[PDB]
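Here, testosterone is shown bound to Androgen receptor.
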Amino acid sequence: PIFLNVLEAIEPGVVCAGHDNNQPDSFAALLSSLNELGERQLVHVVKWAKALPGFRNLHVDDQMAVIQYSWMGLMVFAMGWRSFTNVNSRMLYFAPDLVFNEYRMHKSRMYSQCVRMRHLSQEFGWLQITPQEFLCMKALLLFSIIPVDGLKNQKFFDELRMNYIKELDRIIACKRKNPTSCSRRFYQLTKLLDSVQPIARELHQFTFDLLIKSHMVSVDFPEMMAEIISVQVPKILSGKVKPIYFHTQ
Ligand SMILES: Cc1ccc(OCCn2c(SCCC(=O)O)nc3ccccc32)cc1
Ligand SMILES: C[C@]12CC[C@H]3[C@@H](CCC4=CC(=O)CC[C@@]43C)[C@@H]1CC[C@@H]2O
């Protein structure tokens, strides 16, 4: 279990949003805080990603690019896990200082997106996902969205991604005998992983739209979130970068 040792070792800790819970739950303040949270989580994603097995093998610009495309899905997925483990998915556990109850979901003007995240969160319970399955799935999300005309070194990305797939299939297989079980489970998890993309994409639209009208609406975007949402997000919205699904939509 060397591969799991590593995933378990490099797993980031609690990251706080910095939200002043004394302030009244407004849109402006809810969204600026989610944005600061994003920026803070980004630092930890960079650090986690570079320590993943095989990751520095990728061309250096490709390293930056896969992080910059996939962050939304990584963070959304980890947030659902957190939500599942700390609050049985009843609310959205963005951070220990930024838990969204129903009121906050309405106030953030994202209610239907949060509903979709809460569903994603509950799949962890419905499927009885293990911490091992979770870590390997999250690692595979790093490798699940790319430009349609390839990366700088695509051949290396393809072998790497294949190895992560092999690893998740292992994590399922150290466990079971009579083999419809292992087939159903791999099916279940590839389906779950696919389900992160449409949600990620809603949040891409929303944050983009938000950044456009941000000065009109008193929502702050920190430097890195501003740059990524203006330079890389639109490549996704314009279909120059697309998720890699397991099953056709
Ligand atoms: C099917 C297969 C292929 C190679 C292999 O070797 C182990 C190396 N390895 C890598 S390097 C990925 C390719 C690249 O950087 O261009 N990443 C791994 C992740 C998990 C386990 C081994 C990994 C093993 C099997
Ligand atoms: C992108 C965004 C800020 C960062 C948020 C994102 C919602 C999903 C999310 C979950 C996290 O746990 C980290 C912060 C992020 C990544 C937010 C939706 C709109 C807002 O602008």
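We're numbering straight along the sequence, starting at 1. Note that ligands are numbered from 1 as they come in the structure, with each ligand's atoms numbered from 1 the same way.
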- testosterone - ligand or chain assignment: ligand 2
- Task: Run down the list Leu203, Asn35, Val15, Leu42 and name the one with the heavy atom closest to atom 2 (C) of testosterone (ligand 2).
- Result: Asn35
- Most residues of chain A in contact with testosterone (ligand 2) fall within which UniProt domain? NR LBD
- Item | Protein heavy-atom partner closest to atom 9 (C) of testosterone (ligand 2) - residue, atom, separation in Å | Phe94 CE2, 4.1 Å
- Task: Using a 4.0 Å heavy-atom threshold (strictly under), name the region of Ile229 that reaches testosterone (ligand 2): side chain, backbone, both or neither.
- Result: neither
- Message: Counting only heavy atoms closer than 4.0 Å, does testosterone (ligand 2) sit against the backbone of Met72, its side chain, both, or neither?
- Response: side chain
- Query: So is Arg82 close enough to testosterone (ligand 2), meaning a heavy atom under 4.0 angstrom away?
  - Reply: yes
- Pick out, from the UniProt 17beta-hydroxy-5alpha-androstan-3-one-binding residues of chain A, those with a heavy atom under 4.0 Å from testosterone (ligand 2). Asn35, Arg82, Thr207
- Item | PDB source species, chain A | Homo sapiens
- Top protein contact for atom 18 (C) of testosterone (ligand 2), by heavy-atom distance: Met110 SD, 4.1 Å
- Task: Can you pull out the closest protein heavy atom to atom 8 (C) of testosterone (ligand 2)? Residue, atom name and distance to 0.1 Å, please.
- Result: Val76 CG2, 3.8 Å
- Provide the number and element of each atom of testosterone (ligand 2) under 4.0 Å from a heavy atom of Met79. 12 (O)
- Task: Mark up the atoms of testosterone (ligand 2) that fall under 4.0 Å of a heavy atom belonging to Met75, in ascending order.
- Result: 12 (O), 16 (C)
- Task: Kindly indicate whether atom 15 (C) of testosterone (ligand 2) is approached by any protein heavy atom to under 4.0 angstrom.
- Result: no
- Task: For atom 5 (C) of testosterone (ligand 2), grab the closest protein heavy atom and report residue, atom and distance to one decimal in Å.
- Result: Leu34 O, 4.2 Å
- Item | Where testosterone (ligand 2) meets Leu31 - atom numbers and elements under 4.0 angstrom, heavy-atom basis | 19 (C), 20 (C)
- Query: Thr207 heavy atoms, cut-off 4.0 Å: which testosterone (ligand 2) atoms fall inside?
  - Reply: 1 (C), 20 (C), 21 (O)
- Item | testosterone (ligand 2) binding site (4.0 Å, heavy atoms) | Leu31, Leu34, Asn35, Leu37, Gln41, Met72, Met75, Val76, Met79, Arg82, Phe94, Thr207, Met225
Less than 3.5 Å apart, N/O on testosterone (ligand 2) and N/O on the protein: could you list those pairs with the distances?
from: testosterone (ligand 2); atom 1: 12 (O); to: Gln41; atom 2: NE2; distance (Å): 3.4
from: testosterone (ligand 2); atom 1: 12 (O); to: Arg82; atom 2: NH2; distance (Å): 2.9
from: testosterone (ligand 2); atom 1: 21 (O); to: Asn35; atom 2: OD1; distance (Å): 2.7
from: testosterone (ligand 2); atom 1: 21 (O); to: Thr207; atom 2: OG1; distance (Å): 2.8

